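All chain A residue numbers match the PDB entry; in order, they span 59-229, 236-490. Just so you know, ligand 1 is whichever comes first in the structure, and atom 1 is the first atom listed for that ligand. Header says: X-ray crystallography, 2.5 Å.
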Amino acid sequence: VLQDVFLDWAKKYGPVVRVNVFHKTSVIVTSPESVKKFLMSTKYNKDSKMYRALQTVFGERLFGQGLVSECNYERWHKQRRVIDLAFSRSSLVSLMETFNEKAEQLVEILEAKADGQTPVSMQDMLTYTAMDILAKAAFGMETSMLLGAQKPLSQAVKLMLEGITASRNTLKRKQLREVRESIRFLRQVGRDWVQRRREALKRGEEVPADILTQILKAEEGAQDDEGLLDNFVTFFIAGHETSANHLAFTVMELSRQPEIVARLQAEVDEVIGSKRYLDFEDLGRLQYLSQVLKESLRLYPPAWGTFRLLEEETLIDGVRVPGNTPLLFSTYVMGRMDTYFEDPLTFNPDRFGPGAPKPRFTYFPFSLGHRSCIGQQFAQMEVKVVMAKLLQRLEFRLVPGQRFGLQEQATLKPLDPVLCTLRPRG
Ligand code: HEM
Ligand SMILES: COCCCC/C(=N\OCCN)c1ccc(C(F)(F)F)cc1
C-alpha cells in the first residue's frame, strides 16, 4: 500500500518529508514531538482541501459537513458539544444490550457453519455484525444483514466505498453512476429513518437517548435537512467500517497466532466462563484481549492517519515548512518504525502489558486531541464483546490461498476477505 512507501521515505529521509497524497502535496511528519505539538492543540485544525474529497464524491454529497469532514473549528465544536452527550458513560453502558445481542447472533450463525469445511468470509460476517450494531445503537433500527436482510443497502455501502477509492485516486462508464446511485440510496435510507423517527415522536412515543436524537438536536433551526443527512451518512459509515476492518484484521492475524489464541481462550474462560451475555464491568477485566486489540491497531490501523493545516510557516524538526501546507500524521507509519517500536513487524501484545511505558505520541489509531474519535470507547466496547464471544465459542483456521496483507480503499482493510473454516471449541 501507499502507506508503506511513506514509511520507507520516513525511515530514509527523516521526520519531515514532502509527499503526494490523493494527488495533492503535503508534509508527512513523523516525530513524536511534532505529533504532540500539532495534535494536542486546538490551534491546529483539519485541512479542508484534504477532506474535500470525503465531503462530496463524484458530484454527490456524502459526508458533507458532518462530524468527520467539518474542518472549521467553531462549526465543528458546535455539533461536537451536543453529539458528545450520546457518548457519555451512561449512554454507552445502555448499549451493552445491542452489542451482546448482535455478538450472540453472529456466533450462532457461525456455529451453524462450523463443520470445518464451509468457507466463511469473516470480513463480510464482521461488516454485517458492525452495521447491525451501528444501525440499532445509533438509529434504533434493525438491518438484519446477519440474516440476509437489507442486501441492497449492504451493496450501496460497498459501491460507495470503492467510490471514495476512485474519487481520491485512480487518476467503466456504468460503475461511476452506480456510485452516485449508492450515495443517494444512503441519503434516502437516511431520510426514511429520520422520518420514521419524527413520526414516532409525533405519536408522542417514548424514545431513549441516541446518536440520532443528538444529531437532530444539533440541526435545530436549520432551513434544510442536508446538515442532518450529512451526519446520518457520516455515522452510518464511520460507526461500522473502521470497527469492521479492525475486527477483520484481528481475526486474520490470530489465525496464525496459536499461542496468543490459547492465552486469549484461557483469559475469557476465567472472566466470563460460559455465560451468554457480558456485563459492562466484564470488559474492563479482558486485559489480555485489550492488549491484542491495541497491537492489532498498531500494525493494522484502519484509519491510518489525519491532516492538519499549517497556516504560518513554521520550523518542524529543523526543517522550514512553508505556510498553507497540509501536515500528514500517520499511526501506520510510526507503528512500523523500529525507532519507536523494537522489531516492529512482530505482533507482540506484551508491548501493551501492565507496567510497559505507554507509547508516547508514536501510536494513535483513534487519532489524538480534539479531533480524536468520538467513538473510541464505543468501538472498544463493541470490539471486546464480539471478540470475547468468538473466542468463547469458536476456532478459525484460514483457508489455504488466503493472504495476509492490505488494501488502501477508504480505510485500510485486509486485501483478501478473511475466508475461514470454523470449528466449535473442543
Ligand atoms: C476500531 C474502530 C474505530 C477506529 C480505529 C476509529 C478511528 C478514527 C480516527 C483515526 C478518527 C479520524 C480522525 C481524522 O480524520 O483526523 C476518527 C473520527 C471519528 N470517528 Fe472513529 N474509529 C472507530 C470507530 C468509530 C465508531 C464506532 C464511531 C461512531 C459511533 C466513530 C465515529 C467517528 C466520528 C464521528 C469521528 C469524528 C469525531 C470528530 O471530529 O469530532 N468511530 N475515528
Ligand atoms: C468512508 O471512510 C470512512 C470515514 C473516513 C475514514 C477515516 N477515519 O474515520 C473513522 C471513523 N470511525 C479516515 C481515513 C483516512 C484519512 C486520511 F486523511 F488519512 F486519509 C482520514 C480519515
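According to the PDB, the drug located at ligand 2 is fluvoxamine.
Among all chains, the one with more heavy-atom contacts to fluvoxamine (ligand 2) than any other is, according to the PDB entry, Cholesterol 24-hydroxylase. Residue contacts with fluvoxamine (ligand 2) do not include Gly439, since none of its heavy atoms lies under 4.0 Å from the ligand. Annotation for fluvoxamine (ligand 2): atoms under 4.0 Å from non-hydrogen atoms of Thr475 are 6 (C).
The single protein non-hydrogen atom nearest to atom 5 (C) of fluvoxamine (ligand 2) is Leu112 CD2, 4.1 Å, given as residue, atom name and distance. Within the structure, fluvoxamine (ligand 2) lacks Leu392 among the residues with a heavy atom less than 4.0 angstrom away. In terms of protein heavy atoms, atom 7 (C) of fluvoxamine (ligand 2) is closest to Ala367 CB, 4.1 Å. Within the 4.0 Å heavy-atom shell around fluvoxamine (ligand 2) one finds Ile301. Neither the backbone nor the side chain of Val79 comes within contact range of fluvoxamine (ligand 2); no heavy atom lies under 4.0 Å. For atom 1 (C) of fluvoxamine (ligand 2), the nearest protein heavy atom (residue, atom name, distance) is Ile222 CD1, 3.5 Å.
In this structure, atom 18 (F) of fluvoxamine (ligand 2) has protein heavy atoms in its sub-4.0 angstrom surroundings. The set of residues with a heavy atom less than 4.0 Å from fluvoxamine (ligand 2) is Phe80, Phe121, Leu219, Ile222, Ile301, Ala302, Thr306, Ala367, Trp368, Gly369, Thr370, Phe371, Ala474, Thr475.
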Where does fluvoxamine (ligand 2) get N/O contacts under 3.5 Å from the protein, atom by atom?
residue                : atom   : partner : partner atom : Å
fluvoxamine (ligand 2) : 12 (N) : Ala302  : O            : 2.8
fluvoxamine (ligand 2) : 12 (N) : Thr306  : OG1          : 3.0

